[PDB]
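The structure appears right after this line, and notes come after that.
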Amino acid sequence: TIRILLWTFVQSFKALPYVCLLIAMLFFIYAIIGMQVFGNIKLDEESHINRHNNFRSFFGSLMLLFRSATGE
Amino acid sequence: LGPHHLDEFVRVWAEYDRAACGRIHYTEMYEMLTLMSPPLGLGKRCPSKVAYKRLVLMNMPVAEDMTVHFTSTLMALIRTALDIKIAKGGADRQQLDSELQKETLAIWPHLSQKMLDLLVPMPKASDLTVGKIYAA
Amino acid sequence: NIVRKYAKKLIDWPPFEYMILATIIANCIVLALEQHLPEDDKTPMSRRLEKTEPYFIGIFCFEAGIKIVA
Amino acid sequence: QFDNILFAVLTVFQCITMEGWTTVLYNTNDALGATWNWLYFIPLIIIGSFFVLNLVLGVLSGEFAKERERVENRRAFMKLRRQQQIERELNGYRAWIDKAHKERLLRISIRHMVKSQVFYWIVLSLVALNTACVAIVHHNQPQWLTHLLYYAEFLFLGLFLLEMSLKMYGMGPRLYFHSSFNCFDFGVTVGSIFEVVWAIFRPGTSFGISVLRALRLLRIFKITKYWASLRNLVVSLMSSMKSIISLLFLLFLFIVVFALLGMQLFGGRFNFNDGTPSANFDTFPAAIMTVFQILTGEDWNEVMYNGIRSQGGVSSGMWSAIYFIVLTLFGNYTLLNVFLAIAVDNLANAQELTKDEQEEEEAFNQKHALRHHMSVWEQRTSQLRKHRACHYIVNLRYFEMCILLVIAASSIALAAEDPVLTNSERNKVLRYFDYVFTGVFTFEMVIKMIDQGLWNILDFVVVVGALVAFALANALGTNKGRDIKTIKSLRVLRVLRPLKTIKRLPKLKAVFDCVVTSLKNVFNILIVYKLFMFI
Amino acid sequence: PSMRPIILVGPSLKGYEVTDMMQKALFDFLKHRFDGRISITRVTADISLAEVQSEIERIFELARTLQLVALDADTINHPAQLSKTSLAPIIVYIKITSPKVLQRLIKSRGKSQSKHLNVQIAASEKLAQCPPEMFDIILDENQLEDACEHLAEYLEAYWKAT
Amino acid sequence: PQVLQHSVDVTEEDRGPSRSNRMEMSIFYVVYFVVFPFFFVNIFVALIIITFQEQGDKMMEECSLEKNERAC
Ligand SMILES: CC(C)CCC[C@@H](C)[C@H]1CC[C@H]2[C@@H]3CC=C4C[C@@H](OC(=O)CCC(=O)O)CC[C@]4(C)[C@H]3CC[C@]12C
Ligand SMILES: CC(C)CCC[C@@H](C)[C@H]1CC[C@H]2[C@@H]3CC=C4C[C@@H](OC(=O)CCC(=O)O)CC[C@]4(C)[C@H]3CC[C@]12C
Ligand SMILES: CC(C)CCC[C@@H](C)[C@H]1CC[C@H]2[C@@H]3CC=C4C[C@@H](OC(=O)CCC(=O)O)CC[C@]4(C)[C@H]3CC[C@]12C
Ligand SMILES: CC(C)CCC[C@@H](C)[C@H]1CC[C@H]2[C@@H]3CC=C4C[C@@H](OC(=O)CCC(=O)O)CC[C@]4(C)[C@H]3CC[C@]12C
Ligand SMILES: CC(C)CCC[C@@H](C)[C@H]1CC[C@H]2[C@@H]3CC=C4C[C@@H](OC(=O)CCC(=O)O)CC[C@]4(C)[C@H]3CC[C@]12C
Ligand SMILES: CC(C)CCC[C@@H](C)[C@H]1CC[C@H]2[C@@H]3CC=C4C[C@@H](OC(=O)CCC(=O)O)CC[C@]4(C)[C@H]3CC[C@]12C
Ligand SMILES: CC1(C)O[C@@H]2[C@@H](CO[C@@]3(COS(N)(=O)=O)OC(C)(C)O[C@@H]23)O1
Ligand SMILES: CCCCCCCCCCCCCCCC
Ligand SMILES: CCCCCCCCCCCCCCCC
Ligand SMILES: [Ca+2]
């Protein structure tokens, strides 16, 4: 009964390969905008642009945006 | 019915019959339907004339040992439960079956007339069924 | 202990269910008014209220009594 | 920490509720190295927190479809649809009342004018001034505004008094409370009188219930075709109100029970040497408003840490991580099954109510006075209830598919810019790539405009921005006020290069259009949302 | 008669303001929209008793002037009540296809006629059992504009036919 | 929670806070939640669920006689 749910709901993820390409494209667009605009803020451990949370790199900005999406 | 009930048919087939395209005659029918849960029909508590009047709605041709096919019976249960293009008998049910065959080709063209004829077994009025045996 | 002639089942009725409904509201208000102080300390009002718990306990054991005998 | 299994199934439960999962990710990045940890905490959030919301929404929506069709529910819905039929024909019949010293001499022209289509619009264009007057107040508003708006509250209040009495003394108090917003306007008027008096006798707090008149702007919907979709929603809400109130009341009882339980466990134990936190459990109004946090589930983390160090620490005290788990689970999920049942029920009702207007006024009378885009939910529930010459050789099978590769390479080259090191090696290499990419894009935009004349506006904007930035950076770069930022900002337009794929890929375009049509579906409610949020 | 006389009926007993206002609204439409071809006349006598028969000649002579004459009769609310006379009127049935809206309309009109609800309901219900063919035109559709259009259509067809 | 903390600790215009003063301004923050995060957001989820059209259906009126449960 767990397996039937998992199969059923993963199949329908395999039938929407473009619905989760629009979300990847949203994340990409906003990560690039972030790198351009907030990429050179000086990191300050007192603020929330830390060594952990910064727009300094593509993957750092991707992590920042995922952190925000998950409401953090 | 969705396919959720429909795979129980494979289990009861493999265990109670092991037919491999035939090897049922008719005993397996009421050896099948008279026990398993009733989204497919009879069930345990209904081995009566209610079962009789269900079977008289299912009609389908015969084979070497008075046997029948796997998927022919599959569609038999499916349509007798969901009411998918079935009449009360006669050439009426065969013309409804012609409608059904047209619909099946309309959905699936990839079905060869071997398999397609298997899915539309074409029980003509002259050809007696495994349904109209214990009924009459 | 199956003694018939209850006469208590007719007390389970229109008015004594609308008084229990009010004792429960009063009790919830009393539980709302309470304040919890850190280490065995008690406000004056909480000491004042701790002298109503027997009333509510009395009414509720009375409800158990009448429902059980009826 | 992940020490026991019980400390790990609690840290991971915290991360799945998405509260403070990045602090855990950052701790393990520091303690082990930041290369592999993202593989544990991203799929823990994607699988455990998003995918499980998807499962829960799906399961509940299936249950709501299967429960709307039970006999005892179809019955209570037909009882609503019939009464809507009664009122719908009854109002039409009440239109037949068209009858044509001062008891009849002036009180004949009042009720005439005070229902004319110019009167509704005067009132609705003056309430829209009222709600623009009380929306410009701010802090330190210039001293003339304070007095101007001071006169304005009285002016508008008196004016609404007049144009309310003209409906009451001019049309009749007995038959006055027979229109819902007429009762509402009377209520808002009396409330504004309350507010005036209470401001007079207690200057200070002025919570000002006169912006509520902005609700009348919803009457504007009457002039559109979206009126039925919304009046039916309000009808289905107002019918099922003894069962929405008796259900918010059960949410309130269980919040009260959990507030009292938290007072028992943690009452007065929160007086730490730092100072008692604001998320207390000492008194009742402060226990209610921390059980509310834990339900809305936001920073239940910190409350649990306080409630653990309250009863000990990571020590005899961790048995009380079980009040904050049984209240952040059975709260984040019983409050989406309550508020989704309410909103799916009362909105499938208003969708089937409005499907039986167009199925009568547009299919019964229009015949007897002489599927079809049915959604997935509607299909399923009905099934349940039943039980120039040269350039045209642009097309080469390798032009609309070879530009797609350039779009992909340009998008990827966007990712590799160093934001900080303005003049490093990479940024120069990518600037040369920028020349290449704008060259390709213009050499294809021009030929397309040749074959097409005069989604493409996106291509145009990007190429124009690229050309302008290149021109005015190559030309001088100086002698214009602070125009390094000008090139830096017209290079943000480059980020639109990925967007160009949407029109190219016929299925990405289809998913994008599905998103847009969903946005248009929720747009008569997005505006009601914006209006309430403004209030 | 040269042209069939006009009588409308169906809500309830004429003399109760519900039926009064309904018939008056449609008659006033007939006037204002067709002002210059039709004349409305008022009858306070019992035509089922045909002073009683002195008015039928007047009815004939208005009908003999090649202009439509609608009757504001004040006693007839049945199709069977006028199954004997030779007038042969065009009968319009102002129907209400559901009772509950009727009783809500009745209580809706102030209070006094709420002292007549029970008995008016009997007449309306019995009208619902009267034969349909006994009526030339059915008027039940909720709106005034559409019912007025329906009457305009039928009577313009009548006027073109003669 | 921090905005609620600021909103209760509130005294008068151009005066600083006082802890847990005006504790009734928390009513504004529950009537808010009952309306926007709980009620309208679930109104939106329900409108998007109820009115969701099948993605690709232009095959002779969506298999006019054999549909989802019949067809599959
Ligand atoms: C050691 C404790 C603390 C937890 C151990 C892990 C559990 C989360 C796992 C272990 C065994 C699992 C169970 C093994 C078998 C079943 C029966 C199964 O039920 C059915 O499918 C119903 C029968 C049917 O309709 O076919 C699925 C759930 C459940 C309880 C599984 C749910 C997940 C369980 C409880
Ligand atoms: C930690 C969790 C989230 C990941 C576990 C993996 C699941 C996403 C996958 C892995 C293997 C899958 C199984 C692989 C094969 C099958 C057989 C297959 O059976 C059928 O098609 C239905 C039954 C039948 O008709 O025979 C689909 C279900 C099942 C059990 C799958 C169910 C989903 C499973 C458990
Ligand atoms: C529902 C899913 C399947 C849709 C498609 C995926 C997207 C939801 C995106 C948005 C958030 C993205 C993630 C955001 C954060 C990261 C961390 C990032 O980390 C690193 O490359 C280095 C380490 C570090 O982050 O510091 C790698 C990409 C990844 C996994 C991203 C992968 C793609 C994700 C999951
Ligand atoms: C038609 C209705 C629904 C909306 C009308 C819009 C106004 C309600 C908004 C539009 C822009 C807003 C303004 C944007 C900026 C400012 C400046 C700012 O005030 C100051 O600069 C503080 C010092 C000073 O008052 O001089 C805050 C108030 C104000 C006028 C805002 C007040 C509210 C305004 C006028
Ligand atoms: C991950 C890739 C395979 C996706 C598809 C895109 C690639 C075909 C190209 C397009 C632009 C290329 C980039 C263009 C310029 C550069 C700068 C070039 O020079 C340096 O950065 C060297 C620095 C050093 O020596 O450390 C290194 C490769 C890189 C990042 C290229 C990496 C490969 C990219 C992304
Ligand atoms: C537009 C729709 C959603 C109607 C629902 C909105 C109102 C009915 C709500 C919005 C916020 C609520 C207010 C927010 C907070 C307060 C402050 C609270 O304290 C006071 O201001 C009174 C005592 C004082 O501070 O002196 C009294 C209730 C009140 C006005 C609430 C009463 C109900 C209000 C006006
Ligand atoms: C399955 C679904 C959608 O949720 C159930 C059940 C019956 O109706 C509910 C819906 O809440 S409400 N008050 O809008 O009618 O009302 C109650 C009686 C609360 O139960 C609701 O329908
Ligand atoms: C007869 C009333 C017509 C109203 C037209 C606009 C209605 C818009 C939807 C109202 C939803 C109210 C929800 C309030 C928060 C619980
Ligand atoms: C769900 C409705 C109840 C909300 C409870 C929080 C607000 C409490 C308002 C009254 C506060 C009185 C404070 C007295 C001193 C602590
Ligand atoms: Ca958070």
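Letters go in sequence order (proteins before strands), and every chain restarts at 1. Just so you know, these numbers use all the heavy atoms, side chains as well, and skip hydrogens, waters and symmetry mates. For ligands, and for the atoms within them, numbers begin at 1 and follow the listed sequence. This depiction is restricted to one part of the PDB entry, and every contact reported falls within that part. When the header is checked for method, it gives electron microscopy, 3.0 Å.
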Notebook entry, point to check: Which of topiramate, epalrestat, tiratricol, tasisulam, tetrahydrocannabivarin is the molecule at ligand 7?
Noted result: topiramate
Notebook entry, point to check: In this deposited structure, which macromolecule lies in greatest contact with topiramate (ligand 7), as labelled in UniProt?
Noted result: Voltage-dependent R-type calcium channel subunit alpha-1E
Check: Using a heavy-atom cut-off of 4.0 Å (strictly under), which other chains touch topiramate (ligand 7)?
Finding: D
Checklist line | PDB source organism - chain D | finding: Homo sapiens
Notebook entry, point to check: Which residues does the binding site of topiramate (ligand 7) contain at 4.0 Å, with heavy atoms considered?
Noted result: D:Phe64, D:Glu67, D:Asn73, D:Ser240, D:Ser243, D:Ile244, D:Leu247, D:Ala341, D:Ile342, D:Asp345, D:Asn346
